[PDB]
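Below is one structure, written out as C-alpha coordinates, with a few remarks after it.
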Amino acid sequence: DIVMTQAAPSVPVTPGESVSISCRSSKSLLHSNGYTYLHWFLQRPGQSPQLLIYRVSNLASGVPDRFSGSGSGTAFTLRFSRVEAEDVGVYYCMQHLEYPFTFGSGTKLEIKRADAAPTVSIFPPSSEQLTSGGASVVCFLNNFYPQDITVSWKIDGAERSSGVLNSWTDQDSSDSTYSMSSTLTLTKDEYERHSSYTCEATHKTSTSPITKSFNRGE
Amino acid sequence: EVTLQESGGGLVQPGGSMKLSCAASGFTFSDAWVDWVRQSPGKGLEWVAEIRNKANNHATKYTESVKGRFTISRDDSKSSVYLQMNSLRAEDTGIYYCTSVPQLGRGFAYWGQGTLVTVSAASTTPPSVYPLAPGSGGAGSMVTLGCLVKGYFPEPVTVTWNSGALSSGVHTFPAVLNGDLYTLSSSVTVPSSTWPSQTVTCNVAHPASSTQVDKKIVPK
Ligand SMILES: COC(=O)[C@H]1[C@@H](OC(=O)c2ccccc2)C[C@@H]2CC[C@H]1N2C
(Lines of atoms letter the chains of each structure in order from A and count residues from 1; the text may use other names and numbers.)
(Lines give C-alpha, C1' and ligand atoms only; values in the text may rest on other atoms or scores of the structure.)
Protein backbone atom coordinates (compact mmCIF):
# COMPACT_ATOMS: atom_id res chain seq x y z
CA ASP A 1 0.00 0.00 0.00
CA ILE A 2 1.03 3.60 -0.52
CA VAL A 3 2.07 5.09 2.82
CA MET A 4 1.09 8.68 3.52
CA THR A 5 3.25 10.43 6.10
CA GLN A 6 2.44 13.57 8.06
CA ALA A 7 5.48 14.05 10.30
CA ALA A 8 3.97 16.73 12.56
CA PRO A 9 1.31 15.37 14.98
CA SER A 10 0.30 18.96 15.59
CA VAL A 11 1.29 22.54 14.81
CA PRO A 12 0.80 25.64 17.01
CA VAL A 13 -0.22 28.87 15.31
CA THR A 14 -1.49 32.27 16.38
CA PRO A 15 -4.66 33.76 14.83
CA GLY A 16 -3.84 36.17 12.02
CA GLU A 17 -0.59 34.56 10.88
CA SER A 18 0.15 32.17 8.02
CA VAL A 19 1.15 28.52 8.48
CA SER A 20 1.73 25.38 6.44
CA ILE A 21 1.30 21.62 6.94
CA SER A 22 3.32 18.97 5.08
CA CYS A 23 2.48 15.50 3.74
CA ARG A 24 4.66 12.97 1.97
CA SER A 25 3.84 9.82 0.01
CA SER A 26 5.94 6.67 -0.43
CA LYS A 27 5.16 6.62 -4.15
CA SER A 28 4.58 9.31 -6.77
CA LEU A 29 0.90 10.22 -6.93
CA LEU A 30 1.19 11.26 -10.57
CA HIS A 31 -1.25 9.20 -12.65
CA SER A 32 -0.58 8.16 -16.25
CA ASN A 33 -3.23 10.69 -17.29
CA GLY A 34 -1.11 13.56 -16.00
CA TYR A 35 -3.15 14.29 -12.86
CA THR A 36 -1.84 14.06 -9.30
CA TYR A 37 -4.31 12.35 -7.00
CA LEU A 38 -3.67 13.89 -3.60
CA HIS A 39 -6.46 15.50 -1.54
CA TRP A 40 -6.61 17.37 1.79
CA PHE A 41 -9.37 16.98 4.36
CA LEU A 42 -10.36 18.77 7.55
CA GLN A 43 -12.07 17.11 10.48
CA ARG A 44 -13.37 19.50 13.12
CA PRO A 45 -14.02 18.12 16.62
CA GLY A 46 -17.08 15.86 16.67
CA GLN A 47 -17.76 16.29 12.95
CA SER A 48 -17.19 14.20 9.85
CA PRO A 49 -14.19 14.82 7.56
CA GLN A 50 -14.75 17.40 4.82
CA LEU A 51 -12.91 18.01 1.58
CA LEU A 52 -10.62 21.05 1.56
CA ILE A 53 -8.52 20.65 -1.56
CA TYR A 54 -8.60 18.07 -4.34
CA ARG A 55 -5.78 17.11 -6.70
CA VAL A 56 -3.10 19.13 -4.91
CA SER A 57 -4.34 22.71 -5.36
CA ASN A 58 -8.03 22.92 -6.26
CA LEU A 59 -10.13 24.46 -3.51
CA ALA A 60 -13.40 22.66 -2.87
CA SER A 61 -16.78 24.39 -2.83
CA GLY A 62 -17.27 26.62 0.21
CA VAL A 63 -13.66 26.33 1.35
CA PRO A 64 -12.30 29.73 2.56
CA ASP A 65 -9.87 31.59 0.30
CA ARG A 66 -7.22 31.39 3.04
CA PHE A 67 -6.50 27.80 2.00
CA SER A 68 -4.15 26.83 -0.81
CA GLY A 69 -2.14 23.76 -1.71
CA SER A 70 1.04 22.94 -3.57
CA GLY A 71 3.35 20.03 -4.26
CA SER A 72 4.24 17.34 -6.75
CA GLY A 73 5.22 13.69 -6.86
CA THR A 74 5.71 12.80 -3.21
CA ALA A 75 5.87 16.14 -1.37
CA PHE A 76 2.78 18.25 -0.70
CA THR A 77 1.93 21.31 1.36
CA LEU A 78 -1.32 22.73 2.74
CA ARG A 79 -1.11 26.45 3.50
CA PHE A 80 -3.13 29.01 5.49
CA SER A 81 -2.73 32.69 4.50
CA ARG A 82 -4.35 33.93 7.73
CA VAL A 83 -5.26 31.36 10.40
CA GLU A 84 -8.45 31.84 12.41
CA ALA A 85 -9.44 30.45 15.81
CA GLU A 86 -12.18 28.44 14.08
CA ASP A 87 -9.54 26.49 12.15
CA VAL A 88 -8.95 24.10 15.06
CA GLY A 89 -9.24 20.50 13.90
CA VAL A 90 -7.20 17.73 12.31
CA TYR A 91 -5.96 18.04 8.73
CA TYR A 92 -5.39 14.90 6.68
CA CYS A 93 -3.91 14.23 3.27
CA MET A 94 -5.10 11.24 1.25
CA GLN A 95 -3.87 9.52 -1.90
CA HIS A 96 -6.59 8.73 -4.42
CA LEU A 97 -4.32 6.98 -6.94
CA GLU A 98 -4.32 3.30 -6.00
CA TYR A 99 -6.30 0.86 -3.89
CA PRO A 100 -6.34 0.74 -1.01
CA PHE A 101 -6.87 4.47 -0.79
CA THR A 102 -4.78 5.61 2.18
CA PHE A 103 -4.70 8.58 4.56
CA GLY A 104 -1.96 10.37 6.46
CA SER A 105 -2.10 10.23 10.27
CA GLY A 106 -3.28 13.83 10.37
CA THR A 107 -1.87 17.03 11.80
CA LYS A 108 -3.84 18.79 14.52
CA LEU A 109 -3.85 22.56 14.25
CA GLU A 110 -3.50 24.08 17.72
CA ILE A 111 -4.34 27.72 18.31
CA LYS A 112 -1.98 29.71 20.49
CA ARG A 113 -3.52 32.29 22.79
CA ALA A 114 -2.94 34.08 26.09
CA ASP A 115 -2.69 32.11 29.32
CA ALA A 116 -5.99 31.59 31.12
CA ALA A 117 -6.43 30.20 34.62
CA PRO A 118 -9.05 27.46 34.92
CA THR A 119 -12.44 28.03 36.51
CA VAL A 120 -12.60 25.18 39.00
CA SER A 121 -15.91 23.94 40.40
CA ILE A 122 -16.35 20.97 42.74
CA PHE A 123 -19.62 19.08 43.22
CA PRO A 124 -20.58 16.79 46.09
CA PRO A 125 -22.49 13.60 45.22
CA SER A 126 -26.09 14.34 44.28
CA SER A 127 -28.76 13.28 46.75
CA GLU A 128 -30.20 11.04 44.04
CA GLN A 129 -26.95 9.18 43.48
CA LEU A 130 -26.50 8.67 47.23
CA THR A 131 -29.90 6.99 47.53
CA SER A 132 -28.63 4.67 44.80
CA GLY A 133 -25.60 3.70 46.87
CA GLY A 134 -23.15 5.68 44.76
CA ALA A 135 -20.91 8.65 45.50
CA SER A 136 -19.19 10.44 42.62
CA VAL A 137 -17.45 13.73 43.37
CA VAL A 138 -17.10 15.82 40.22
CA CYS A 139 -14.65 18.59 39.47
CA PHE A 140 -14.80 20.77 36.36
CA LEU A 141 -11.69 22.70 35.33
CA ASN A 142 -12.95 24.96 32.55
CA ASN A 143 -11.70 27.34 29.87
CA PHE A 144 -7.98 27.30 30.59
CA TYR A 145 -4.82 27.65 28.47
CA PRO A 146 -2.28 26.12 27.90
CA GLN A 147 -3.75 22.63 27.46
CA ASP A 148 -1.85 20.82 30.19
CA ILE A 149 -3.12 20.74 33.74
CA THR A 150 -2.65 18.40 36.69
CA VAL A 151 -5.45 17.33 39.00
CA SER A 152 -5.03 15.73 42.40
CA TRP A 153 -7.74 14.40 44.70
CA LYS A 154 -7.33 14.56 48.47
CA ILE A 155 -9.58 12.81 50.97
CA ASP A 156 -9.01 14.24 54.45
CA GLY A 157 -5.65 15.46 53.19
CA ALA A 158 -4.46 12.11 51.83
CA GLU A 159 -4.15 11.78 48.05
CA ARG A 160 -6.32 9.34 46.10
CA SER A 161 -5.34 8.03 42.66
CA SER A 162 -7.71 5.10 42.04
CA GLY A 163 -11.33 5.58 41.06
CA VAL A 164 -10.54 8.79 39.17
CA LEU A 165 -12.05 9.26 35.70
CA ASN A 166 -10.64 12.09 33.56
CA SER A 167 -11.89 13.56 30.27
CA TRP A 168 -10.72 16.51 28.16
CA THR A 169 -12.49 18.60 25.54
CA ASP A 170 -10.87 19.44 22.21
CA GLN A 171 -9.68 23.03 21.88
CA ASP A 172 -12.62 25.45 21.74
CA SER A 173 -13.24 26.82 18.23
CA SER A 174 -14.25 30.25 19.59
CA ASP A 175 -12.03 31.12 22.55
CA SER A 176 -9.26 28.58 21.96
CA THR A 177 -9.36 27.29 25.54
CA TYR A 178 -9.42 23.78 26.97
CA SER A 179 -11.65 22.20 29.62
CA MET A 180 -11.40 19.11 31.78
CA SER A 181 -13.64 16.94 33.92
CA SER A 182 -12.32 14.78 36.76
CA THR A 183 -14.59 12.41 38.67
CA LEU A 184 -13.66 10.57 41.87
CA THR A 185 -15.82 7.46 41.92
CA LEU A 186 -16.45 6.16 45.45
CA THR A 187 -19.05 3.88 47.02
CA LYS A 188 -21.43 5.52 49.49
CA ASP A 189 -19.76 3.59 52.31
CA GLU A 190 -16.31 4.87 51.31
CA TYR A 191 -17.62 8.42 50.90
CA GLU A 192 -18.93 8.27 54.46
CA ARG A 193 -15.56 7.18 55.87
CA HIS A 194 -14.21 10.70 55.43
CA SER A 195 -15.38 14.31 55.42
CA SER A 196 -13.03 16.57 53.44
CA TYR A 197 -12.95 16.19 49.65
CA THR A 198 -10.60 18.39 47.63
CA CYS A 199 -10.01 19.01 43.94
CA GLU A 200 -6.50 20.41 43.59
CA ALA A 201 -5.50 21.80 40.21
CA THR A 202 -1.98 22.80 39.25
CA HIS A 203 -1.67 24.90 36.10
CA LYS A 204 1.17 27.01 34.71
CA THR A 205 -0.89 30.13 35.48
CA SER A 206 -0.14 29.86 39.21
CA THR A 207 2.64 28.70 41.52
CA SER A 208 0.03 27.65 44.06
CA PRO A 209 -2.60 25.02 43.15
CA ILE A 210 -6.21 26.16 42.75
CA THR A 211 -8.06 24.45 45.60
CA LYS A 212 -11.77 23.66 45.69
CA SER A 213 -13.31 21.52 48.40
CA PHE A 214 -16.24 20.78 50.67
CA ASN A 215 -17.02 18.75 53.77
CA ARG A 216 -19.44 15.83 53.70
CA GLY A 217 -20.43 16.61 57.27
CA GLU A 218 -21.92 19.86 55.97
CA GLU B 1 -28.34 20.64 -0.85
CA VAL B 2 -26.16 17.54 -1.16
CA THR B 3 -26.78 15.03 1.61
CA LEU B 4 -25.58 11.59 2.71
CA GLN B 5 -27.16 9.98 5.76
CA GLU B 6 -25.96 6.76 7.37
CA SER B 7 -28.10 4.46 9.51
CA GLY B 8 -28.02 0.91 10.82
CA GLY B 9 -25.07 1.37 13.13
CA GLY B 10 -24.91 0.55 16.82
CA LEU B 11 -23.93 -2.29 19.13
CA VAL B 12 -23.19 -5.63 17.48
CA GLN B 13 -22.11 -9.02 18.83
CA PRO B 14 -18.56 -10.17 17.98
CA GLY B 15 -18.98 -12.64 15.14
CA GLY B 16 -22.38 -11.15 14.40
CA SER B 17 -23.67 -9.29 11.35
CA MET B 18 -24.79 -5.72 10.68
CA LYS B 19 -25.86 -3.87 7.53
CA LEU B 20 -25.18 -0.15 7.25
CA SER B 21 -27.24 2.00 4.90
CA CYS B 22 -26.59 5.39 3.34
CA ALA B 23 -29.29 7.46 1.65
CA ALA B 24 -28.13 10.12 -0.80
CA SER B 25 -29.89 13.23 -2.03
CA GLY B 26 -28.91 16.53 -3.60
CA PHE B 27 -26.71 15.08 -6.33
CA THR B 28 -26.68 12.51 -9.14
CA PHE B 29 -26.13 9.36 -7.09
CA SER B 30 -26.32 7.03 -10.10
CA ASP B 31 -23.26 8.65 -11.71
CA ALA B 32 -21.14 8.60 -8.56
CA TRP B 33 -18.78 5.98 -7.19
CA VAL B 34 -19.55 5.45 -3.50
CA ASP B 35 -17.23 4.61 -0.62
CA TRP B 36 -17.24 3.67 3.04
CA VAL B 37 -14.47 5.08 5.22
CA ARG B 38 -14.17 4.28 8.91
CA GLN B 39 -12.41 5.91 11.82
CA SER B 40 -10.82 4.41 14.92
CA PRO B 41 -8.06 5.46 17.34
CA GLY B 42 -4.61 4.22 16.37
CA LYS B 43 -5.57 3.96 12.71
CA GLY B 44 -7.20 7.30 12.03
CA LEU B 45 -9.17 7.39 8.81
CA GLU B 46 -9.21 4.04 7.02
CA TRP B 47 -10.70 3.35 3.58
CA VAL B 48 -13.01 0.31 3.69
CA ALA B 49 -14.77 -0.35 0.38
CA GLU B 50 -16.07 1.16 -2.85
CA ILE B 51 -18.67 0.41 -5.50
CA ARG B 52 -18.43 2.00 -8.94
CA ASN B 53 -21.26 3.33 -11.09
CA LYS B 54 -23.23 1.37 -13.69
CA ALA B 55 -21.05 2.75 -16.49
CA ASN B 56 -18.04 1.32 -14.68
CA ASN B 57 -19.68 -2.09 -14.21
CA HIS B 58 -20.67 -1.61 -10.54
CA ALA B 59 -17.23 -3.05 -9.72
CA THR B 60 -16.40 -3.45 -6.03
CA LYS B 61 -13.07 -3.06 -4.25
CA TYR B 62 -12.36 -3.88 -0.58
CA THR B 63 -9.51 -3.19 1.82
CA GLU B 64 -7.60 -6.36 2.78
CA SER B 65 -8.86 -6.71 6.37
CA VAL B 66 -12.56 -6.86 5.38
CA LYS B 67 -12.39 -8.83 2.13
CA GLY B 68 -14.63 -11.86 2.33
CA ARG B 69 -16.49 -10.48 5.36
CA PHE B 70 -17.91 -7.20 4.07
CA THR B 71 -20.07 -6.69 0.98
CA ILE B 72 -20.78 -3.28 -0.52
CA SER B 73 -23.84 -2.82 -2.74
CA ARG B 74 -26.10 -0.09 -4.10
CA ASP B 75 -29.71 0.50 -5.12
CA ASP B 76 -29.76 3.37 -7.60
CA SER B 77 -33.58 3.44 -7.57
CA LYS B 78 -33.35 4.45 -3.90
CA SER B 79 -30.12 6.46 -4.22
CA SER B 80 -28.64 4.32 -1.46
CA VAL B 81 -25.43 2.38 -0.84
CA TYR B 82 -25.03 -0.42 1.70
CA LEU B 83 -22.33 -2.19 3.66
CA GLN B 84 -23.17 -5.71 4.80
CA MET B 85 -20.72 -6.65 7.53
CA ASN B 86 -20.24 -10.27 8.65
CA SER B 87 -18.07 -12.01 11.25
CA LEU B 88 -17.50 -8.67 12.95
CA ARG B 89 -14.34 -8.32 15.04
CA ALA B 90 -13.17 -5.89 17.73
CA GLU B 91 -10.97 -4.22 15.09
CA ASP B 92 -14.12 -3.25 13.16
CA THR B 93 -15.29 -0.90 15.91
CA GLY B 94 -15.44 2.78 14.97
CA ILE B 95 -17.35 5.51 13.14
CA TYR B 96 -18.38 4.56 9.60
CA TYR B 97 -18.83 7.25 6.99
CA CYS B 98 -20.43 7.17 3.61
CA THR B 99 -18.70 9.37 1.04
CA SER B 100 -19.04 9.75 -2.72
CA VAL B 101 -16.91 10.76 -5.68
CA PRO B 102 -19.49 12.57 -7.84
CA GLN B 103 -19.67 12.42 -11.64
CA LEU B 104 -17.09 15.17 -12.16
CA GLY B 105 -14.59 13.82 -9.62
CA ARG B 106 -13.14 16.01 -6.85
CA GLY B 107 -12.10 13.12 -4.63
CA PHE B 108 -14.44 12.40 -1.72
CA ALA B 109 -16.52 15.54 -2.16
CA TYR B 110 -19.48 14.65 0.06
CA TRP B 111 -19.56 12.87 3.44
CA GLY B 112 -22.34 11.63 5.72
CA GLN B 113 -22.51 12.37 9.46
CA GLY B 114 -21.23 8.91 10.37
CA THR B 115 -22.66 5.99 12.32
CA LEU B 116 -20.91 4.42 15.29
CA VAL B 117 -20.36 0.66 15.20
CA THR B 118 -19.44 -0.97 18.51
CA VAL B 119 -18.41 -4.64 18.37
CA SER B 120 -18.99 -5.97 21.87
CA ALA B 121 -20.84 -8.69 23.78
CA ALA B 122 -21.73 -6.23 26.53
CA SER B 123 -25.44 -5.49 26.96
CA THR B 124 -27.30 -2.26 26.26
CA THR B 125 -27.71 -0.36 29.52
CA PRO B 126 -29.55 2.93 30.13
CA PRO B 127 -27.85 5.79 31.94
CA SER B 128 -28.58 7.22 35.38
CA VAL B 129 -28.67 11.02 35.24
CA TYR B 130 -27.59 13.10 38.24
CA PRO B 131 -27.80 16.88 38.73
CA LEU B 132 -24.62 18.68 39.74
CA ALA B 133 -25.41 21.81 41.76
CA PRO B 134 -22.99 24.18 43.57
CA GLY B 135 -22.23 23.44 47.21
CA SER B 136 -22.48 27.10 48.21
CA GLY B 137 -24.19 30.40 47.43
CA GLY B 138 -22.98 32.21 44.35
CA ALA B 139 -21.33 35.64 44.20
CA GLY B 140 -22.98 39.49 39.80
CA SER B 141 -20.96 36.39 38.97
CA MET B 142 -21.05 33.30 36.75
CA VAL B 143 -22.24 29.96 38.15
CA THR B 144 -21.35 26.52 36.81
CA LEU B 145 -23.78 23.61 36.94
CA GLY B 146 -23.53 20.10 35.61
CA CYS B 147 -25.02 16.76 34.70
CA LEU B 148 -23.45 13.35 35.43
CA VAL B 149 -24.56 10.66 32.98
CA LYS B 150 -23.28 7.35 34.26
CA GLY B 151 -23.45 3.62 33.75
CA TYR B 152 -24.62 3.39 30.15
CA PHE B 153 -23.68 1.35 27.09
CA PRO B 154 -23.07 1.69 24.21
CA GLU B 155 -22.23 5.19 23.04
CA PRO B 156 -23.59 7.64 22.15
CA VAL B 157 -25.75 9.75 24.44
CA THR B 158 -26.92 13.27 23.61
CA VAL B 159 -27.01 16.00 26.24
CA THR B 160 -28.71 19.37 25.89
CA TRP B 161 -29.56 22.11 28.36
CA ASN B 162 -33.05 23.63 28.43
CA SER B 163 -33.90 21.72 25.26
CA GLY B 164 -31.08 23.47 23.43
CA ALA B 165 -31.76 27.04 24.58
CA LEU B 166 -28.46 26.98 26.50
CA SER B 167 -25.49 26.04 24.34
CA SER B 168 -23.05 28.95 24.50
CA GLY B 169 -21.51 28.12 27.88
CA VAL B 170 -21.76 24.35 27.61
CA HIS B 171 -18.97 21.77 27.79
CA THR B 172 -20.04 18.17 27.23
CA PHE B 173 -17.03 15.95 27.84
CA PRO B 174 -15.97 12.77 26.04
CA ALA B 175 -17.35 9.67 27.73
CA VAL B 176 -15.02 7.47 29.79
CA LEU B 177 -15.32 3.70 29.89
CA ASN B 178 -15.03 2.17 33.35
CA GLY B 179 -16.17 -1.34 34.22
CA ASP B 180 -17.82 -2.08 30.86
CA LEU B 181 -19.92 1.06 31.23
CA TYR B 182 -19.53 4.68 30.14
CA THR B 183 -19.68 7.74 32.38
CA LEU B 184 -19.94 11.22 30.92
CA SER B 185 -20.38 14.71 32.33
CA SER B 186 -21.59 18.01 30.93
CA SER B 187 -21.24 21.46 32.46
CA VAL B 188 -23.09 24.67 31.72
CA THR B 189 -22.07 28.11 32.95
CA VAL B 190 -24.66 30.88 33.31
CA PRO B 191 -24.99 34.27 35.02
CA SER B 192 -25.86 34.10 38.71
CA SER B 193 -28.87 36.18 37.65
CA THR B 194 -30.08 33.30 35.47
CA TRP B 195 -29.90 30.40 37.94
CA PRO B 196 -31.55 29.51 40.28
CA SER B 197 -34.25 32.06 39.42
CA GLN B 198 -34.77 30.41 36.04
CA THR B 199 -35.10 26.66 35.57
CA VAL B 200 -31.99 24.97 34.19
CA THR B 201 -32.56 21.38 33.08
CA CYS B 202 -30.31 18.71 31.60
CA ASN B 203 -31.97 16.69 28.84
CA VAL B 204 -30.28 13.35 28.32
CA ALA B 205 -31.12 10.89 25.56
CA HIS B 206 -29.64 7.42 25.01
CA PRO B 207 -30.96 6.20 21.63
CA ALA B 208 -29.77 2.63 22.16
CA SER B 209 -32.06 2.13 25.19
CA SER B 210 -34.69 4.68 24.12
CA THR B 211 -34.06 6.44 27.41
CA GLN B 212 -34.99 10.09 27.88
CA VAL B 213 -34.41 11.90 31.14
CA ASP B 214 -34.97 15.49 32.15
CA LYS B 215 -33.13 16.47 35.33
CA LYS B 216 -33.59 19.89 36.92
CA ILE B 217 -30.62 21.38 38.71
CA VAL B 218 -31.83 22.57 42.08
CA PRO B 219 -29.85 24.45 44.75
CA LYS B 220 -28.58 22.23 47.54
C1 LIG C 1 -12.34 11.26 -10.44
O2 LIG C 1 -11.63 10.39 -9.53
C3 LIG C 1 -10.79 9.47 -10.05
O4 LIG C 1 -10.12 9.66 -11.02
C5 LIG C 1 -10.88 8.19 -9.20
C6 LIG C 1 -11.63 7.01 -9.91
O7 LIG C 1 -12.83 7.52 -10.57
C8 LIG C 1 -13.92 7.80 -9.83
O9 LIG C 1 -13.95 7.72 -8.62
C10 LIG C 1 -15.10 8.23 -10.68
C11 LIG C 1 -16.21 8.83 -10.03
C12 LIG C 1 -17.32 9.24 -10.81
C13 LIG C 1 -17.34 9.05 -12.17
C14 LIG C 1 -16.25 8.46 -12.80
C15 LIG C 1 -15.12 8.05 -12.05
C16 LIG C 1 -10.76 6.20 -10.90
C17 LIG C 1 -9.31 6.01 -10.34
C18 LIG C 1 -9.32 5.29 -8.97
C19 LIG C 1 -9.38 6.47 -7.95
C20 LIG C 1 -9.43 7.71 -8.86
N21 LIG C 1 -8.76 7.36 -10.12
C22 LIG C 1 -7.28 7.36 -10.02
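So you know, we letter chains A, B, ... as the sequences are listed, proteins then strands, and number each from 1. Header entry for method reads X-ray crystallography, 1.7 Å. Read the numbers this way: they start at 1 and go in the same order the structure lists the ligands and their atoms.
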What's the drug at ligand 1 called? cocaine
Which protein or nucleic acid chain has the most heavy atoms near cocaine, under its name in the PDB entry? Fab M82G2, Heavy chain
So, around cocaine, which other chains have a heavy atom under 4.0 Å away? A, B
Residues near cocaine, heavy-atom distance under 4.0 Å: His31(A), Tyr37(A), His96(A), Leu97(A), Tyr99(A), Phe101(A), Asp31(B), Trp33(B), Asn53(B), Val101(B), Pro102(B), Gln103(B), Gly105(B)
For atom 14 (C) of cocaine, grab the closest protein heavy atom and report residue, atom and distance to one decimal in Å. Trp33(B) NE1, 3.6 Å
Protein contact of atom 18 (C) of cocaine - nearest heavy atom, named by residue and atom, plus distance: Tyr99(A) OH, 3.8 Å
If you count the atoms of cocaine from 1 in the order shown, which ones are under 4.0 Å from a heavy atom of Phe101(A)? 19 (C)
Protein heavy-atom partner closest to atom 22 (C) of cocaine - residue, atom, separation in Å: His96(A) O, 3.4 Å
What protein heavy atom lies closest to atom 1 (C) of cocaine? Include the residue and the distance to one decimal. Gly105(B) CA, 3.5 Å
To which residue and atom does the entry give cocaine a covalent bond, if any? none
Report the molecule name recorded for chain A in the deposit. Fab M82G2, Light chain
Counting each atom of cocaine from 1 as listed, which ones have a heavy atom of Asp31(B) under 4.0 Å away? 12 (C), 13 (C)
Write out the residue and atom name of the closest protein heavy atom to atom 3 (C) of cocaine, then the distance separating them to 0.1 Å. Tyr37(A) CE2, 3.8 Å
